[PDB]
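Note: structure shows cloxacillin (bound form) engaged with D-alanyl-D-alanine carboxypeptidase dacA.
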Amino acid sequence: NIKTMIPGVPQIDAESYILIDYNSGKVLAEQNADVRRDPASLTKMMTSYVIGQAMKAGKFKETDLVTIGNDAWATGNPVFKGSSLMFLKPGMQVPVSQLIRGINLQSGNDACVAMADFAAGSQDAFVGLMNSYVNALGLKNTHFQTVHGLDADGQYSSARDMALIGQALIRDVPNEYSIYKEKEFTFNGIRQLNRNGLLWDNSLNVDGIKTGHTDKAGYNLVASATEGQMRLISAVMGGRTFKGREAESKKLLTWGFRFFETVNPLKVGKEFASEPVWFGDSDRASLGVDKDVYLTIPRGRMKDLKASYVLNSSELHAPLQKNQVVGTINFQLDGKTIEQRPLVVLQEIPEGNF
Ligand SMILES: *C(=O)[C@H](NC(=O)c1c(-c2ccccc2Cl)noc1C)[C@@H]1N[C@@H](C(=O)O)C(C)(C)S1
């Protein structure tokens, strides 16, 4: 009863949310997680991903100077009215390091344009990259039209999709993600605070990601926090009150850490099982996984976890290719399969040569 309890989810004062484990991908809690909503400033998480991907690929460096053009002139474009801005002016020569901090820390809309032109030649081309990454990540309820998150009529995303963009940032572009925890940066003599207030919350280790508000979106937050071996991502969209701003997301994260833990029962290349092989240069196949196994389970239940396996075929016949799928690993709690992973050949077995 204690051992098999399903914990109640706290009431969250928002249109939609999701809570996921970063490593396992497991959804711990959700409500209206696939409803299409105005992303507001959360759009900039994708802007930052594209930039992070360009930098990973070596297209430019943080020390590189970007010359500011007219479309990134903050007080030259009334579209930027009442919005977060670096106050760039044409002709300024600003290091990439400073513009990506303008975007990540400050949500500078002008810095988004500046980087979009620098990275991709035009804002349309850059939005095209954002949308190509939407497809590659397999996001089903997301579409961008703008580089900064301006309520543009046909852009949308979802709590699920925004958490997934969060996970992609941490996983694919860790050097870009490491910027999000920085509490401040200085530009043009002026000190600028990271807008993510949760970074200052002593009770959690929040290191990301992005807050947002436009008048169609409500209050929006994608947060990520760690506690030991465990990283959670929350996405809360259409938060109703100014006071629930960080509080509602904190509720989900603290609940997640209290009731769940992440286990890593198996790593790539390590033997889980061995099976006889026929016609081979060796007599036995070493079997395991081609991707690290992470599971999210109820907290405490780690020592109750059982693993077993099944095989696709009665017999293993060489040649066996490395990472050839030959079965399925079952992870179980209380005698019930909770998670499955493909069982694969770890070391190639070509046909015998004598
Ligand atoms: C993101 O949602 C908010 N940033 C804005 O700039 C903003 C816009 C906007 C206008 C032009 C281009 C893009 C955008 Cl998103 N329209 O309204 C706003 C407020 C930033 N997030 C909020 C917040 O979290 O409360 C601010 C710090 C006020 S600015």
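Throughout, chain A uses the PDB entry numbering, with the displayed residues spanning 4-357 in order. The basis for the numbers below is simple: all heavy atoms, side chains too, and nothing from hydrogens, waters or symmetry mates. Order of listing sets the numbers, starting from 1, for every ligand and every atom in it.
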Which residue of chain A listed as active site in UniProt is nearest to cloxacillin (bound form), and what's the minimum heavy-atom distance to 1 Å?
-> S44, 1 Å
Quick one: look up the protein heavy atom nearest atom 18 (C) of cloxacillin (bound form) and list residue, atom name and how far away it is.
-> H216 O, 3.5 Å
Give yes or no for whether the N/O distance cutoff of 3.5 Å, strictly under, is met between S110 and cloxacillin (bound form).
-> no
For cloxacillin (bound form), does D154 get within less than 4.0 Å through its side chain, its backbone, both, or neither, judged by non-hydrogen atoms?
-> neither
So which heavy atom in the protein is nearest atom 10 (C) of cloxacillin (bound form), and how far is it from that ligand atom?
-> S86 CB, 3.5 Å
Covalent attachment site for cloxacillin (bound form) | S44 OG
What is the nearest protein non-hydrogen atom to atom 4 (N) of cloxacillin (bound form), stated with its residue, atom name and distance?
-> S44 OG, 3.0 Å
Any N/O pair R198/cloxacillin (bound form) closer than 3.5 Å = no
Which species does the entry list for chain A?
-> Escherichia coli
Which chain residues come within 4.0 Å of cloxacillin (bound form), judged by heavy atoms?
-> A43, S44, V82, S86, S87, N112, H151, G152, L153, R198, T214, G215, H216, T217
